[PDB]
*Asks:* 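Let me begin by handing over the structure; questions about it come next.
Quick note: residue numbers are just sequence positions, from 1. If you're wondering, the header gives X-ray crystallography, 2.0 Å. Whatever order the structure lists them in is the order used to number ligands and atoms, beginning at 1. Side chains included, hydrogens not; waters and symmetry mates left out as well; all remaining heavy atoms used.
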Amino acid sequence: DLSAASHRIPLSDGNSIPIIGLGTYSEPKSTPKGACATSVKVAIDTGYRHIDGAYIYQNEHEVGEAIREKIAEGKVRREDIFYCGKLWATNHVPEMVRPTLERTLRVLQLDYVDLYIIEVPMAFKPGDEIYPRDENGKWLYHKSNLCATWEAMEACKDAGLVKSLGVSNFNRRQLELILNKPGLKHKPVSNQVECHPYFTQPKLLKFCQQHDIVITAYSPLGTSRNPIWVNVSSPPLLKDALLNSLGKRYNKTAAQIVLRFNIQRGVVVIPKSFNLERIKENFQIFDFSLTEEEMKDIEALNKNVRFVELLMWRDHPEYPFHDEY
Ligand SMILES: NC(=O)c1ccc[n+]([C@@H]2O[C@H](COP(=O)([O-])OP(=O)(O)OC[C@H]3O[C@@H](n4cnc5c(N)ncnc54)[C@H](OP(=O)(O)O)[C@@H]3O)[C@@H](O)[C@H]2O)c1
Ligand SMILES: CC(=O)[C@H]1CC[C@H]2[C@@H]3CCC4=CC(=O)CC[C@]4(C)[C@H]3CC[C@]12C
């Protein structure tokens, strides 16, 4: 079915998305300059055809540098590359959407993005600062209006600036808001959420499937486990007994096992790695498959505990993690 040379799955709007991609978030202060660019280039050489980034990751220019260099040398045509960008909370005001996308296009120095998604359903105070916090370190929110922001996203697709529209960190309620929006033009084709064996997203996955929405699993390897923002109550996913046990059976690492798990269930995975060897390791998941019994035992590992809770925003009206799914 899926192979290293062909692993794109269809999107509801007629487009397709490579089932695996390279995540590009990396802690700014502790990341060498050019590391992201080198990684994207290595990923493209390894066979990746999907890159996931965000202006707020502060390396979107490196991502564009790498993509342009690979297109320039003839390694791939623009049409063979799939890039997903995101609209941060401080840019949800309708009039700000298009200018925000245009900036990303200018940073990448490309004509369009394959996918553009609302980064979080929560809106923050519009401005230069991506993390609005007053004197008391308190967070400066902003009234959200997903429907209105979505209409502005639709205009971007109508202008040909982006091929597919989607969302990230949206719960069932927030997804219905768009899906049932009066006079909806473009339905979201993807919802990027935390997904892995410890948080399988069983109910959100089935809901999305009912609406032909494809799920993209961010933090598919369980995150970098940075205590500054990651919930480490759960043990390291890649140290899991079953996952490592299964890895031995197929002579694959636990990481490869968890990635295969999600793609086999139709979930797009975007593992991040700026390490030459691990970039290629994560791509080696088409030369084997898991049995239904193993798939069930892996899914049974779900703990319903998120590595990415973002508790500091649990008070925001659009906080998505309060609801069951
Ligand atoms: N939309 C959202 O709200 C949201 C939130 C979080 C993340 N994301 C996106 O999702 C991407 C993926 O998630 P993430 O970066 O949080 O996490 P992740 O992909 O789950 O894990 C990354 C961590 O795993 C390491 N790693 C990679 N391959 C490995 C392997 N085979 N064995 C052992 N360790 C390995 C990486 O280190 P090395 O680099 O040294 O290999 C890094 O520390 C992001 O980079 C971003 O593009 C989106
Ligand atoms: C405020 C703060 O500490 C920052 C540092 C690391 C940041 C996170 C880095 C990863 C990330 C990627 C996204 O696409 C959405 C938001 C998140 C989940 C960021 C939310 C804000 C954080 C938690």
*Asks:* What's the drug at ligand 2 called?
*Replies:*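 PDB records name it progesterone.
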*Asks:* Quick one: what's progesterone bound to in this structure? I mean the chain with the most contacts, named like UniProt names it.
*Replies:*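 Main binding partner here: Aldo-keto reductase family 1 member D1.
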*Asks:* Give, by chain and number, every residue with a heavy atom within 4.0 Å of progesterone.
*Replies:*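 Within 4.0 Å (heavy atoms), the residues are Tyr25, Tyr57, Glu119, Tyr131, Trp139, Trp229, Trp313.
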*Asks:* Who's the nearest protein heavy-atom neighbour of atom 9 (C) of progesterone, and how far?
*Replies:*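 Looking only at protein heavy atoms, the one closest to atom 9 (C) of progesterone is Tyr25 CZ, 3.5 Å.
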*Asks:* Could you check atom 11 (C) of progesterone against the protein and tell me its nearest heavy-atom contact, residue, atom and distance included?
*Replies:*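 The closest heavy atom on the protein side is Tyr57 CE2, 4.5 Å.
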*Asks:* If the cut-off is 4.0 Å, which other ligands or ions are near progesterone?
*Replies:*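 Other ligands or ions: ligand 1 (NADP nicotinamide-adenine-dinucleotide phosphate).
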*Asks:* Check whether any N or O atom of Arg133, backbone or side chain, sits under 3.5 Å from an N or O atom of progesterone, and answer yes or no.
*Replies:*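 Between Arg133 and progesterone (N or O atoms, distance only) the closest approach is not under 3.5 Å.
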*Asks:* Considering only non-hydrogen protein atoms, determine which one is nearest to atom 16 (C) of progesterone and report residue, atom name and distance to 0.1 Å.
*Replies:*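 Ranked first by proximity to atom 16 (C) of progesterone is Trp88 CZ3, 4.1 Å.
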*Asks:* Of all the non-hydrogen atoms in the protein, which one sits nearest to atom 23 (C) of progesterone, and at what distance?
*Replies:*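 Nearest protein contact, heavy atoms only, for atom 23 (C) of progesterone is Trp229 CB, 3.3 Å.
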*Asks:* Name the UniProt active-site residue of chain A nearest to progesterone and give the heavy-atom distance to 1 Å.
*Replies:*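 Heavy-atom minimum to the UniProt active site of chain A: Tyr57, 3 Å.
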*Asks:* Quick check: what organism does the entry name for chain A?
*Replies:*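 By the entry, the source is Homo sapiens.
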*Asks:* Can you list the UniProt NADP(+)-binding residues of chain A with a heavy atom under 4.0 Å from progesterone?
*Replies:*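 Checking heavy atoms, the UniProt NADP(+) residues near progesterone are: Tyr25.
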*Asks:* Considering only protein heavy atoms, which is closest to atom 1 (C) of progesterone, and at what distance to one decimal place?
*Replies:*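 Answer, as residue, atom name and distance: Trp139 CH2, 3.9 Å.
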*Asks:* May I ask you to identify the nearest protein heavy atom to atom 4 (C) of progesterone, giving residue, atom name and distance to one decimal place in Å?
*Replies:*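 Answer, as residue, atom name and distance: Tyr131 OH, 3.8 Å.
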*Asks:* Polar contacts were defined as any N/O atom of the residue lying under 3.5 Å from an N/O atom of the ligand; does this apply to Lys86 and progesterone?
*Replies:*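 In fact, backbone or side chain, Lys86 has no N or O that close.
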*Asks:* Point out the residues of chain A that UniProt assigns to substrate binding and that have a heavy atom under 4.0 Å from progesterone.
*Replies:*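 Sure - UniProt-listed, with a heavy atom under 4.0 Å: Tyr25, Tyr57, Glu119, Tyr131, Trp229.
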*Asks:* Can you tell me which residue and heavy atom of the protein come closest to atom 3 (O) of progesterone, and the distance to 0.1 Å?
*Replies:*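 Sorting protein heavy atoms by distance from atom 3 (O) of progesterone puts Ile228 CG2, 4.2 Å first.
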*Asks:* As a test of reading the model: which N/O atoms of the protein lie under 3.5 Å from N/O atoms of progesterone, and at what distance?
*Replies:*
{"unit_1": "progesterone", "atom_1": "14 (O)", "unit_2": "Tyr57", "atom_2": "OH", "d": "2.6"}
{"unit_1": "progesterone", "atom_1": "14 (O)", "unit_2": "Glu119", "atom_2": "OE2", "d": "2.8"}

